[PDB]
Colleague: 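Structure of interest includes tebipenem; see the questions below.
Along the sequence shown, the residues carry numbers beginning at 1. Method on record in the header is X-ray crystallography, 1.8 Å. Read the numbers this way: they start at 1 and go in the same order the structure lists the ligands and their atoms.
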Amino acid sequence: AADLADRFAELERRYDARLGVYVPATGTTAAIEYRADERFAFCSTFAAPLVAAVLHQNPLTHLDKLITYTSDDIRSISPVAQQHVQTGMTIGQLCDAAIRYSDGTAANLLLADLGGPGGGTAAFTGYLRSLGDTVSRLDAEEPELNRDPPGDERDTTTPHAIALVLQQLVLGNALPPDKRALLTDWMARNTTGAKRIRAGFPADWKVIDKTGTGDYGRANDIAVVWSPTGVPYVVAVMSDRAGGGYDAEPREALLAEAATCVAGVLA
Ligand SMILES: C[C@H]1[C@@H](SC2CN(c3nccs3)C2)[C@H](C(=O)O)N2C(=O)[C@H]([C@@H](C)O)[C@@H]12
């Protein structure tokens, strides 16, 4: 706050970055928005609504179905799937890995499970449309979805759009309570987000999140946070550093600082 928009702009200059932030309005707080309707690549953030789509589409015990895969299926960072290729992974294990480790092979297999044209990308986009998101689009799977040139609309969402999607999934009634809890718990146990939105909120706030990182210095985090008294907020922070070209380093610190600024306003 000096003001908030000024603080975000200062961060953009510091990190030679484009920063997008959205926090939906609540009973007593106005929406926080900065470049909130600009498009940014999903990166692995899409895996959160992907898991919601797969959960919604199937009986709960579909989680117990074993999926087999092999060498040519490992095409992207896949910390868990690389370890289990010899035995296979259940849908539940794939959901766990896709969310908690940003496992790209897991995401790819879940896309294939959802099925339909574009290896599942069309049905994934259709799931978002069913939640009233007319903005986001997924066009490729991993790793290609991380590589669209700056400005290209393929594989993008916006801080505004993805926040409203996440709000419905975790806080709203997009999913029945049992599936909602599975999704929430996986994000609660995320391993990839300690230096992002989590870094910006006091330890007595609960944080669940799904990160994303890609080329052109892309670094995102979408989260639901709860105050010490149980008041929830949805926080979407997205960034890229197109000025550094394809190999621009993603800079988590930017997201941590942006989240700290948001937390200051929400406290
Ligand atoms: C690039 C990963 C991660 S960030 C990357 C994983 N990293 C580290 N692992 C151990 C130490 S740092 C850096 C990054 C992420 O979510 O943070 N993300 C995606 O988005 C892909 C894609 C395969 O789903 C991946």
Colleague: Which polymer chain has more close contacts with tebipenem (ligand 1) than any other, using its name in UniProt?
Modeller: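 The chief chain, as UniProt names it, is Beta-lactamase.
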Colleague: Can you walk me through which residues contact tebipenem (ligand 1) using 4.0 Å for heavy atoms?
Modeller: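 The heavy-atom cut-off picks out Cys43, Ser44, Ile77, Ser102, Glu142, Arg196, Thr211, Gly212, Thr213.
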Colleague: Please check if a non-hydrogen protein atom sits closer than 4.0 Å to atom 17 (O) of tebipenem (ligand 1).
Modeller: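 Answer yes: something from the protein, a heavy atom, is under 4.0 Å.
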Colleague: Kindly indicate whether atom 12 (S) of tebipenem (ligand 1) is approached by any protein heavy atom to under 4.0 angstrom.
Modeller: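 No, no protein heavy atom sits under 4.0 Å from atom 12 (S) of tebipenem (ligand 1).
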Colleague: Hey, quick one: which residues UniProt lists as binding substrate in chain A have a heavy atom under 4.0 Å from tebipenem (ligand 1)?
Modeller: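 Per UniProt, the ones with a heavy atom under 4.0 Å: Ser102, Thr211, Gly212, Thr213.
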Colleague: Give the residue, atom name and distance (to 0.1 Å) of the protein heavy atom nearest atom 4 (S) of tebipenem (ligand 1).
Modeller: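 Checking every protein heavy atom, the shortest distance to atom 4 (S) of tebipenem (ligand 1) gives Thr213 OG1, 3.6 Å.
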Colleague: I need the nearest protein heavy-atom contact for atom 24 (O) of tebipenem (ligand 1): residue, atom name and distance, please.
Modeller: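 Result: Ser102 O, 2.8 Å.
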Colleague: Give the atoms of tebipenem (ligand 1), by number and element, whose distance to some non-hydrogen atom of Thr211 is under 4.0 Å.
Modeller: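 Near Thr211, meaning under 4.0 Å from one of its heavy atoms, tebipenem (ligand 1) has 15 (C), 16 (O), 17 (O).
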Colleague: Answer yes or no for atom 6 (C) of tebipenem (ligand 1): protein heavy atom present at a distance under 4.0 Å?
Modeller: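 No, because not a single protein heavy atom sits under 4.0 Å from atom 6 (C) of tebipenem (ligand 1).
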Colleague: Among the residues UniProt annotates as active site in chain A, which one lies closest to tebipenem (ligand 1), and what is the minimum heavy-atom distance to the nearest 1 Å?
Modeller: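 Closest UniProt active-site residue, heavy-atom distance to 1 Å: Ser44, 3 Å.
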Colleague: Identify the protein heavy atom lying closest to atom 19 (C) of tebipenem (ligand 1), giving its residue, its atom name and the separation to 0.1 Å.
Modeller: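 For atom 19 (C) of tebipenem (ligand 1), the nearest protein heavy atom comes out as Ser44 CB, 3.3 Å.
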Colleague: Return the residue, atom name and 0.1 Å-rounded distance of the protein heavy atom closest to atom 1 (C) of tebipenem (ligand 1).
Modeller: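 The closest one turns out to be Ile77 CD1, 3.4 Å.
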Colleague: May I ask whether atom 9 (N) of tebipenem (ligand 1) is less than 4.0 Å from at least one protein heavy atom?
Modeller: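 No, there is no protein heavy atom closer to it than 4.0 Å.
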Colleague: Should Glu142 be counted as touching tebipenem (ligand 1), given the test is an N or O pair under 3.5 Å?
Modeller: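 Yes, there is a polar N/O contact under 3.5 Å.
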